> 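Sharing a structure: neridronate in complex with epi-isozizaene synthase.
Here the PDB entry sets the residue numbers for chain A, with the shown residues being 16-355 in order. When a ligand or atom number is given, it counts from 1 through the structure's own listing order. Just the heavy atoms: all of them, side chains too, but no hydrogens, waters or symmetry mates, feed the values below.
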Amino acid sequence: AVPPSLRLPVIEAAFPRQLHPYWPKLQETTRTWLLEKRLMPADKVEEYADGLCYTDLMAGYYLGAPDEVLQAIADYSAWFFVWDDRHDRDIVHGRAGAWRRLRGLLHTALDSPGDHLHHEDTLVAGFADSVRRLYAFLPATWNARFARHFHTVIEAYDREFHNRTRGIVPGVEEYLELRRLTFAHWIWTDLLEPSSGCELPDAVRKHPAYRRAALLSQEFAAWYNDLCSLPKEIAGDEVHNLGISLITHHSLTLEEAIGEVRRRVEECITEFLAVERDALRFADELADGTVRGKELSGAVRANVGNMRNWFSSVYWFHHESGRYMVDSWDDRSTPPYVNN
Ligand SMILES: NCCCCCC(O)(P(=O)(O)O)P(=O)(O)O
Ligand SMILES: [Mg+2]
Ligand SMILES: [Mg+2]
Ligand SMILES: [Mg+2]
C-alpha cells in the first residue's frame, strides 16, 4: 500500500505492474557487476544493492527485451544512480576539479567506449563497459543518437553542479526544461529500441503521437521522483526538484507544493492515456501489408507498451527502494549507500 499523499489510484487500477522473466538473474548479475567494477564499496553493495531495487525498476520497464539487452540497460541504469551519488558528493565536498575531469572523461568515453574499458577511473570504466555493450545491438546510427543525447545529459549535470555550488534554485519553467535532461528522458526513450530489436526511422519516432507519448512517460517518471524524493532532497541540500522551485519562486508552502506536484503528475497519466490511443492508431497504420511495415508496427506497439510500463515500474520503485528511506538514516543528509 502507498501513503495517501503519494498514492495514484489510476496507476494502481489501470497500469498493472509487469516483470521481465530475467529479473532474478538480472538482480544478481548487476549486483556482481557493481562489485567487480568497484562502483560502490563492497560492503555497501552487499548490504544495500538488492534493497535499492535498481534492477527491479528496469525489469518492470523494458518488457520483451533480450536478456543481454536488459543486462546492459540495468548495468547502465545502476551506473547512472552511482553517478548521481558521485555528482552529489562532489558538490557537497566542493570537488569542482574532480567533477570537471570526470565530466570530460565521460564525454570522451561516450564517443569511444572501447578505448575506456580499462580506465583507471572505475566510474569511467564502468560507464564505458555498459555503453560499449549498448552500442553492439543496433546500427551505428542509433549509437550516435544515444551519444548526442547523453552529451547533453552530462552538460545538464554540469549545470546542476553550477546551480548547487552557487545556491541557485531554477525557476519552475527553467527547471522543467532542465529536468528532461537530468532525468535523461531521451536516453530511456532511445533504449526502447534495442529492447524491441529495431532502430526506428526518424519519421516514425518523430511522429507527434510517438513523441508526445514518449515525453509524457518520462515527465511522469521525473516528476513522480520529485514528489517521492523531496524529503531526501530537502535533507541533502538538493535544489533540483519541482516542489523546491515552486516553494522558492511562487511562495507555496510544503503542503501546497506537494499538492501541486501531485496534480501535475496526475495530469501526465490522463494526458498519456489520450495520446496512447493516437500512438497505437499510428502503430496500426504502419502495418501496411509489408514485412518492414509489420516490423515497424510491432516495434512501435512494443515501445508504447513499455512507455506505459514505465509508469507502474517507477511508481512502485519509489515505495520499495531503500534509496528514498530518509527516516531510517543516522544522518538524513548522507544516505548510507553513498561513499562519503
Ligand atoms: N531513473 C533514475 C535516474 C537517477 C537519478 C536520481 C534521482 O532520480 P534525481 O537526482 O534525478 O532526482 P534521485 O531522486 O533518486 O536522486
Ligand atoms: Mg539525485
Ligand atoms: Mg540528480
Ligand atoms: Mg529526485
> Where in this structure can neridronate be found, counting every copy?
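Counting all copies, it's at ligand 1.
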> Can you tell me which residue and heavy atom of the protein come closest to atom 3 (C) of neridronate (ligand 1), and the distance to 0.1 Å?
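So the nearest neighbour among protein heavy atoms is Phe96 CE2, 4.2 Å.
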> Have a look at neridronate (ligand 1) and work out which part of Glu248, if any, has a heavy atom under 4.0 Å from it: side chain, backbone, both or neither.
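Side chain only.
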> Answer side chain, backbone, both or neither: which part of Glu253 comes under 4.0 Å from neridronate (ligand 1), heavy atoms only.
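For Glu253, there is no contact with neridronate (ligand 1) at all, from either part.
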> Do any other ligands or ions come closer than 4.0 Å to neridronate (ligand 1)?
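Under 4.0 Å from neridronate (ligand 1), the others are ligand 2 (magnesium ion), ligand 3 (magnesium ion), ligand 4 (magnesium ion).
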> I need the nearest protein heavy-atom contact for atom 1 (N) of neridronate (ligand 1): residue, atom name and distance, please.
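Nearest protein contact, heavy atoms only, for atom 1 (N) of neridronate (ligand 1) is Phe198 CZ, 3.8 Å.
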> What organism is named as the source of chain A in the metadata of the entry?
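The entry records the organism as Streptomyces coelicolor.
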> Please report whether neridronate (ligand 1) has a polar contact with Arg338, defined as an N or O pair separated by less than 3.5 Å (distance criterion only).
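Looking only at distances, the answer is yes, because the N/O contact criterion of under 3.5 Å is met.
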> Where is the nearest protein heavy atom to atom 6 (C) of neridronate (ligand 1): which residue, which atom, and how far?
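Ranking protein heavy atoms by distance from atom 6 (C) of neridronate (ligand 1), first comes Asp99 OD2, 3.3 Å.
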> Classify the contact between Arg194 and neridronate (ligand 1) as side chain, backbone, both or neither, using a heavy-atom distance cut-off of under 4.0 Å.
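Looking at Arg194 and neridronate (ligand 1), just side chain atoms fall under 4.0 Å.
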> Considering distance alone, does some N or O of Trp325 sit under 3.5 Å from an N or O of neridronate (ligand 1)?
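The answer is no, given that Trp325 and neridronate (ligand 1) share no N or O pair closer than 3.5 Å.
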> Do any nitrogen or oxygen atoms of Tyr339 come within less than 3.5 Å of a nitrogen or oxygen of neridronate (ligand 1)?
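Yes; the residue has a nitrogen or oxygen that sits under 3.5 Å from a nitrogen or oxygen of the ligand.
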> Working on a figure here: which residues of other chains come under 4.0 Å of neridronate (ligand 1) (heavy-atom distance)?
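Going by non-hydrogen atoms, it's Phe96, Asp99, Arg194, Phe198, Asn240, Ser244, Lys247, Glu248, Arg338, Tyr339.
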